[PDB]
Structure formats: C-alpha cells, structure tokens
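Heat shock 70 kDa protein 1A, liganded with 8-chloroadenosine.
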Amino acid sequence: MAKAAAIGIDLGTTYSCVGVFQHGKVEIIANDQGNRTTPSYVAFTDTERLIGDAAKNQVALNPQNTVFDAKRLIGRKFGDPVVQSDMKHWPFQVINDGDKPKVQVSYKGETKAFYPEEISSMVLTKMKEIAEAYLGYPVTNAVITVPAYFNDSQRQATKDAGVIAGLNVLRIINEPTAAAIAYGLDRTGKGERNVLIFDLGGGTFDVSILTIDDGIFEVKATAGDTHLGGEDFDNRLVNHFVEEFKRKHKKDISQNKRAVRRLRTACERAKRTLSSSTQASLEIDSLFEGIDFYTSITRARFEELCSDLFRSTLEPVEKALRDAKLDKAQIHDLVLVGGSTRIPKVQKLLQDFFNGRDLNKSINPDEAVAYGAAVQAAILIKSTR
Ligand SMILES: Nc1ncnc2c1nc(Cl)n2[C@@H]1O[C@H](CO)[C@@H](O)[C@H]1O
C-alpha cells in the first residue's frame, strides 16, 4: 500500500513540483489551489505559518517574514562569498550560528531562527501532504532532486530537509539526470548518448551535459548563471510599462511599492500569454493616483526588451560544450527544463545554435524534473520490495 509507494519531488529554488508513477503513467500532482507547481516560499505571520501559494500571495504585506531562496543557502557556510553576496538582496534577516546561516523571522510575535534545511523541510512537508491528499494515504518514500553542481554538503543538507519533513529519502538525484529519465533517454540500448539539458527557471539558468552509457549517467559539464531567470524578464517588462505610464501621464510610478508589485505580477502573467499569443493585454484598475492602466504589448516588443538576456543563454551552452570537449553535432538530445523555456524566442535561439535541431519539450518543462524523479522513485521502491 503506502510502503510500496514512492514520490518524486523537484525541490526548486523558486517553485517545487511533486509527481507519482502509478498505473503506467506519471501524475504531476496539483496542490489545493489546483496548481501543478508550488512556490518554494514559507511565510511566518502573527497567527500561522504559510507554505506555497498562500505564502507567495502575501509577500508584499510581510516581506521581512516571508522566506524564499533557501536553496541558495542550503549546505553552505555563513562565510561563503555566495551567502554574503546574496544576503544583500533579501528582505529577511540571515544570521550566523557557528559559521552556519539561519534565517531569522518574527513568528506569532516571537523571534525565531531556522536553518535552511528547516525552511526547505517545510516546503517538502507541503509537497508530501499534496501527494497524500491526492493518493488518499500517507506516502513517505521519496526521490528528491538537486542541481548537478551541488557538492556533498548541499546534497546531505537536502537529504536532512527530507528527514525533518518525515520522508524516507530513497536517493538524491541530479535535476538534469531526472529530466533525461523523464524522456527515457537512458533506455536507448547500448552506446554512449550525449544529452544537453537547457534549464531556464524563475531565478537560475543551468546548462548540463550528460553522457548515458548503458544506463550509467556521467556529468561531463555544468555551466550557466545562478542569477538569470524568468524574473529578470518580468523586470524588463516592468521598466517598459513604467516608461510608457510616464509618457502617457507624465507621472513616475517607480517609487510606489504597491503600483510596482501590481505591475510586476501583471507583467509575469502577460509574459506567459506571450508564449502562445503574439500580443497580451494588461488590465490594471487604478494603478497609480486612480489612473487605470489598460494597455497591450506585442511578442516582438517583449523579445526586444529581453533580447540581450535571451542571447546570453548561448554563452553557457558553448562553455559547457568546450568543457565536455564536444562539438554541437556530437550532442544526441536537447532537453528543455524550466517554465521560461516555453518562450518561443528562447527555443528558436537554442534550435538555431544547434543547426535547426528538434527539442525535447513535450513534457511541461516546469514538471520534467519531478516527472523523472517520480519514475526513479517507482523503480527504486520496486527494487526495495
Ligand atoms: N508560458 C510561459 N511562458 C514564459 N514563462 C513562463 C511560462 N510558464 C512559466 Cl511557469 N514561466 C516562467 O517560468 C518560471 C518558473 O519555472 C517563472 O519565471 C514563470 O514566469
């Protein structure tokens, strides 16, 4: 029953996703708000702890006590220059507990501090309860994914997050490996298979090159930008609309925190529409000083606004190829991961770089990692018996 069942969890920087392999198919499990992915956010309020959508939904009202980006801290020492650099951009406090970072917040009127694995365990507990509500029984066996570049300390702290969350961690697997499993790229028989995974998420960009030799995975190269993602494209749309509002009304809205956040969420929404329509409409009632902001933008203008950022995704692709010592024609498969890979211009740039090659994109790119983890969790629990 529950003991013969296992889930796959993609514990993402900005969003998490959970899947289960049963009756010959992967089911990506929708949360209680009907969403197939859940924000990796934990909010501490005057009455409760919120996780996911409810936590992300109140971030503007409670920024000091809304934790996100715990994955950027997990398994790291406080003195790590990555931690010191990132801390300057977070509205929540990060403290030092014997060279270990802790996020410090106000919860039920009291000061509390949490290790990154404790924050990540609250996200994992939510994914576990989402799976349990779908299945009708508690599932505790899980495969959890991590970036291919995570070291032993980051992998161990992720497993520790799983244990705190009440999960039996069958294995910690690499995200690009789970994505290659999702497409069955490890079951093509004999001979070395070179796979490139292009993973453009909400806040990070990762390029991974793997060689699959008779089911055995080997990481040949990892490249990318830890501070490039979908939110930079949302921000480019924001600056455009701030300048358009100034041209139409001779008013600068950039200082009105509420106006900027409402514009930001509307921009994120319009950006998604632009992946399947050649235009998107913004409909913001009383954006600033009672002025409605009803406008539109073409996909062509959006592509211009992010042109330099889309083009910059090809430098880590070339860098990974040189590190792996492979030419483009030596790559057998191209896999898309991350919601931002749905952007048609991004697909076109990657396909043209690989000389007109087909892309593996039939699985929801924001779900491919949880999909593969779910497949691996099923194989692993079946071998355990
Ligand atoms: N249809 C889409 N077109 C463009 N961007 C998208 C799309 N879906 C998602 Cl999710 N994202 C973005 O992916 C990230 C999460 O993986 C977020 O930045 C989200 O906006």
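Just so it is clear, chain A uses the PDB entry numbers, and the residues here are 1-385, in order. The figures that follow rest on heavy atoms only: side chains count, while hydrogens, waters and symmetry mates do not. As the structure lists them, so they are numbered: ligands from 1, and atoms in each ligand from 1. Looking at the header, which is where the method is noted, we find X-ray crystallography, 2.2 Å.
- Heavy atoms under 4.0 Å from 8-chloroadenosine belong to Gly201, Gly202, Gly230, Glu268, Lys271, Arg272, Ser275, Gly339, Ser340, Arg342, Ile343.
- In chain A, the residues that UniProt lists as binding ATP and that have a heavy atom under 4.0 Å from 8-chloroadenosine are these: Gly202, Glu268, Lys271, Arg272, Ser275, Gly339, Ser340, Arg342.
- Less than 4.0 angstrom separates some heavy atom of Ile343 from each of these atoms of 8-chloroadenosine: 4 (C).
- Under a 4.0 Å criterion applied to the non-hydrogen atoms of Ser275, 8-chloroadenosine contributes the atoms 1 (N), 2 (C), 3 (N), 4 (C).
- Residue, atom and distance of the protein heavy atom nearest to atom 1 (N) of 8-chloroadenosine are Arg342 CD, 3.4 Å.
- Nearest protein heavy-atom contact of atom 17 (C) of 8-chloroadenosine is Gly202 CA, 3.9 Å.
- Taking only nitrogen or oxygen atoms, main chain and side chain alike, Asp234 does not reach within less than 3.5 Å of 8-chloroadenosine.
- Protein heavy atom in closest approach to atom 20 (O) of 8-chloroadenosine: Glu268 OE2, 2.7 Å.
- The entry attributes the origin of chain A to Homo sapiens.
- The nearest heavy-atom contact from the protein to atom 16 (O) of 8-chloroadenosine is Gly339 N, 3.1 Å.
- Of all the atoms in 8-chloroadenosine, the ones that sit under 4.0 Å from a non-hydrogen atom of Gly230 are 18 (O).
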